[PDB]
Amino acid sequence: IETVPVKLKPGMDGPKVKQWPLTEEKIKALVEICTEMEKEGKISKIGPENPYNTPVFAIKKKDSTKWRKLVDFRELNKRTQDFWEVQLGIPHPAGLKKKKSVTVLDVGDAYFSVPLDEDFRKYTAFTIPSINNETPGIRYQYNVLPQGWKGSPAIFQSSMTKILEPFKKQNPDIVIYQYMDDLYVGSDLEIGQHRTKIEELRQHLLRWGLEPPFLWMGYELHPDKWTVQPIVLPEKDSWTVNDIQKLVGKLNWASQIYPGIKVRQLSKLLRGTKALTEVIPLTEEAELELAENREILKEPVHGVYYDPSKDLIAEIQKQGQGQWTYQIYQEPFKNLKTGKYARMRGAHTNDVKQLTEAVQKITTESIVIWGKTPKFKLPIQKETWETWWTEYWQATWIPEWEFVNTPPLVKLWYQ
Amino acid sequence: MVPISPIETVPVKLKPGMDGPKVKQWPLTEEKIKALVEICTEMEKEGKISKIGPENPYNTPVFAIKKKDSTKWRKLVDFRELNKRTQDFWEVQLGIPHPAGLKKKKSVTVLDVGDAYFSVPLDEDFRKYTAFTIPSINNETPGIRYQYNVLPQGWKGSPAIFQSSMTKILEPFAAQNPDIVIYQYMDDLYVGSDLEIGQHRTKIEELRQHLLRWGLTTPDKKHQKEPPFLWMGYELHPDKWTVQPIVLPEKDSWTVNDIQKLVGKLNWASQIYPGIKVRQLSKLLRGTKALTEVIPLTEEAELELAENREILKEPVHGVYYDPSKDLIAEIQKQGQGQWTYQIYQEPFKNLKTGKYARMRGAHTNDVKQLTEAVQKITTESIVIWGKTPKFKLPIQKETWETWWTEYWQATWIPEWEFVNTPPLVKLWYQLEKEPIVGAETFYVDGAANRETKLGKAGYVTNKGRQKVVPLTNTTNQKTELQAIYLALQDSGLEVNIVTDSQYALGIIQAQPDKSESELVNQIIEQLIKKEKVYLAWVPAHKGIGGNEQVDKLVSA
Ligand SMILES: Cc1cc(/C=C/C#N)cc(C)c1Nc1ccnc(Nc2ccc(C#N)cc2)n1
Ligand SMILES: NCc1cccc(Br)c1
Ligand SMILES: [Mg+2]
C-alpha cells in the first residue's frame, strides 16, 4: 500500500523498444483488456512527454480460450536495479527438482494489488498499435506492479510469505518456489491428493484477494521422471566400414568430454580402402578398446559444477520426425543437463511450433533446477523465428536467444 | 462570451543535466529590425508571446527572411540549440498508413485547423527557455525580450504535442461516430465516410461544433484541396490509389548520384507496378560512393532499365482493402536472387505489389529465398492489414514436404497452395541417408602449404582407381573441395564419398544450389547429374584407412 523506491542501474536510460506488428485479433483483445485495466486503475494513459516503450502482445495460456496480455519486459528487466535489499536472494530450493509432481500456478494477478513507485511508472510505458497505423497507438503506463517485470515478485515477496504462512505450517513437506509470475508447488503425494492440496492452495489466494482470471489453471510437471542422456555406443554383430567410421567419429567427439577415450585400435580397422558397405571383423585389440571406451562412458563427466555467476546456455538440434535433442551448459563439453523430446503436441507439420514448445519446456526445466532461464542457440533463421514464435507462446516469461546459421556436425552424435 | 475548454499542457523538461540555450543574437539591419518588431507586436496581442524582463538568462537567435518576390519579411526563430537540449518525445507519425490498407470512401472532407495550432499552450515552466531578443536600432537601447506562450514552429516538441493534443480533443467524437474516419496531417483534418452526402456534411458540421468547444475555428469557405489527394508520394482517390507519376529520364551517361535516385524511383514504383527489377542497377553502386563518378552501364543494367521502362509505359492503379474478404499473395521468381509478388482479394485487382531481393551471402538456394520472401510479405501484411494472406507459390507441395522434413533447421511457411507458373522452385539434388550398396567408394583428401600456397587434391577408391592433381595458389579449404569435385567428376551415377573436411560438409549440409565460389558451383553441377550420392565424414589424422592412404599422397 506504500511504494518501494525503485531505480534503474547507474548510467542507464529507460527502454525504448519498438512494438512489433500485431494481428487484428490480438489488437482487439488488448484493447478490451486494457480498457478494463484502466477502469480498475491498474494502468493510465500517458502523454508524448514519455518516450519509453516496451512491446506487448497477447497469448492464450495452455488449455484455455481467454486472451492474456503479455508485456515483453526483457529490456526493462536488464536495466532495472538488482533487488538484494531485504534478501541477497531467494536461495534456489534444490529439493524442488525431486518432487514426484510440481504444479505451476499463474499468480501474477496478485501483483496488481500493490501500487508501483510513482517515479518508476514512466518506464513501464507500452503502446497498443492500430492496423496500418491509421490511428495513433494507445499509450499506457502501469500504476501497479506489472506482470513479467522482475521487480514484481521481489517487491511482492513479503506479502507472498505472509499469505502462504498457514499453508506452509500445515503442509510442511511441500516445496514452494516463486519465479516471476509463476508459483511452483512440489509434493510427493498421489495425483489426486496433490490436485486437492493445489486447490487448497488456490483457496488462500482467493481468500486473501477478497477475481484472478488464470489462477484456476494448473500445469502438472513430474521432475522425478525427467530422463537424461548418457553417451551410448551401438552393439552390433557385423560392423561395416561405414559403421566403424561413424563409431570412431562419435568416439573422437566423446574424447573432448571424457579424458581416456581411445580410437587408435579401431582406426586401425579401417586400414585399406574398402567399400563402405563391406563388413569388417573386429580384432581382439579393437574389441578391447571398444569395451574400455564403453566402461569410461558409464561414469559421470569430471569437474562439472554449476556456477551461479555465469549464464546458462541451451543448444537444440532438430533430429527429425518430431524429435529434438538439447544440452544445457556453461562451459563447452561440461553439460549440466541433456535431454530429448518427441511429444510435440499438435505440431506434426509445423517445425516452428515444435521448436517454440521445446524452448518453453527447456526453460521450465531450467527454472526448476537453477532458478533462472538459459540463453538459447536456436537452429532457425532469425526472420522465420521472429515472425512466428509469438503465435505459439504460452509462458508468461521470455528467455533470450540467438540463431545458429551453420549446421552442427554434432547433431549426428546426440541422435 | 462562450467559455472554451482549456487544453491541458504537457510537462516538458530539458535532457538530464542540461541547461537552456544562451546563444548570441546576430546583428540585423535597421530594415530587418523594423519588420520583426511589427510581426512580434501582433503576435504579442494574439497571446502567442510575451515581453520579459532582464533576469531571464536564456536566448535563441531570430532572423528576418525575405519571402521571395515580395516586400514582406517573415520571422525565423532558430531553435536548433534548444532542440539539442530538449528531452525526447513519443513520435506517433513514424509509421505512415499504406494506401493499400485504407478502405474505400464515398466522401472525404478536409478541414483547416491551422489556427488551432497555437491555441496549444506551452508548459509554463518551460517557456523561459524559449527567450529571444529583437536587437534595438543602432544598439542604443536594450533589445526587446520575448518568450513563447505556445508551441513554437521549429521547436522539437511541437509536432508530437500538437498531434497528441488534437488526438485527445477528437477522441470522443471518433468514439461516438464509428461510421467516420479522421486523420490529421500537417494543419488539416481529413474526415472520410460512406455516408450519404447529406449525412456526411451533417457529421462535418457536428465536428465543427465539437471543435468549437475548444475555441478552434474552421474556415467556412471549404478547403481548396479535394479528392484526389497528393499525399506522401501517392495519389489517393475515393476508390483507387496509385503512386505519383514515375518518369525515368533519358540519359547518355549516368553518374553515381543519378543511379541512386533511379533506384529510388524504381523502389517507389515497385509497390504497384508488378515485376520492377533493380539488382543490376544496384550492382553499379557496389562499394564506391564518389557521388559524381560516371559508371558505364553493363549490357545487363541496360537490359534491366529497358524492361523497367516497358513496365512503366502506362499508369496502373491499386484498389483499397475489403475486410470481408481474404488476402491472397502470389510470388514469382525473377532470377539473380530477385522475387516479385502481388497481393489481391479478387483476381486481377491488386491491392499492392512488391519485390524481395537475395541477401548477400556465400551460398544460397531458391527454397530458402522463397521462404524469406514469404516471411517478409507475412510481416508487411500484418502491419498493413492485421492478418496473414494465403500464399500462391511456385513450388510443388511434395517438394516443400521433402525440403522441410530433411532440412537441418526448423522452418515453416503459412497456409499456401501450389501455383503452376514457371519457373518452378525445385530441389536439384538430395544426398542419401545410407551408404549405397554396389556403388564405388571414393576416399578423398587435399592439403596445401600455407607459405607457398602449393597443394594437392585427390582420391583413392575400393576398386583401385586413384587420382592426385597438383594445384597452385590454393588453400587447405580449396583443396578439400577440389578433391570432392574430382571424385564427383570421375565416378558413375551412384557414388559413396568419404571426406574429413568439416568445411566441405558444412557447405554441402546447407544444400546450396548456387554459390559465390565457382568451385562450389562446379560441385553443385556435378551433384545434379548424379542419381545417388552418399557423403561420409571421418575425423582427420586418425589412421582411418582409405583416408590415411590419400592423406599421405596429397600432403607429400
Ligand atoms: C490515412 C488517411 C489519409 C488521408 C488523406 C491524406 C492526404 N492528403 C485521409 C484519410 C481519411 C486517411 N485515413 C483513412 C482511414 C481509413 N480509410 C481511409 N480511406 C481513404 C482515404 C482517402 C481517400 C481518398 N481520396 C479514400 C479512402 N482513410
Ligand atoms: N492519374 C489520375 C487517376 C485517376 C483516377 C484514378 C487514379 Br488511381 C488515377
Ligand atoms: Mg588432410
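Reminder, nothing fancy here: chain letters follow the sequence lines and each chain counts from 1. Just so it is clear, the values below take in all heavy atoms, side chains as well, and ignore hydrogens, waters and symmetry mates. Read the numbers this way: they start at 1 and go in the same order the structure lists the ligands and their atoms.
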*Asks:* Out of interest, what does the PDB call the drug at ligand 1?
*Replies:* rilpivirine
*Asks:* Going by the PDB entry, what is the chain that binds rilpivirine with the most atom pairs under 4.5 Å called?
*Replies:* Reverse transcriptase/ribonuclease H
*Asks:* At a 4.0 Å heavy-atom threshold, what other chains are in contact with rilpivirine?
*Replies:*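 Based on heavy atoms, that gives A, B.
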*Asks:* Which residues, given by chain and number, make up the 4.0 Å heavy-atom shell around rilpivirine?
*Replies:* A:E134, B:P97, B:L102, B:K103, B:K105, B:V108, B:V181, B:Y183, B:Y190, B:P227, B:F229, B:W231, B:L236, B:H237, B:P238, B:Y320
*Asks:* In rilpivirine, which numbered atoms sit nearer than 4.0 Å to a non-hydrogen atom of B:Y183?
*Replies:* 1 (C), 2 (C), 3 (C), 4 (C), 10 (C), 12 (C), 13 (N)
*Asks:* Among the ligands and ions shown, which others have an atom less than 4.0 Å from rilpivirine?
*Replies:* none
*Asks:* I need the nearest protein heavy-atom contact for atom 9 (C) of rilpivirine: residue, atom name and distance, please.
*Replies:*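 In this structure, atom 9 (C) of rilpivirine has B:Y190 CB, 3.5 Å as its nearest protein heavy atom.
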*Asks:* So, is B:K103 polar-close to rilpivirine, with some N/O to N/O distance under 3.5 Å?
*Replies:*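 Yes; the residue has a nitrogen or oxygen that sits under 3.5 Å from a nitrogen or oxygen of the ligand.
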*Asks:* Specify how the entry names chain A.
*Replies:*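 Entry name: p51 RT.
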*Asks:* Which residue holds the protein heavy atom closest to atom 11 (C) of rilpivirine, what is that atom called, and what is the gap in Å?
*Replies:* B:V181 CG2, 3.9 Å
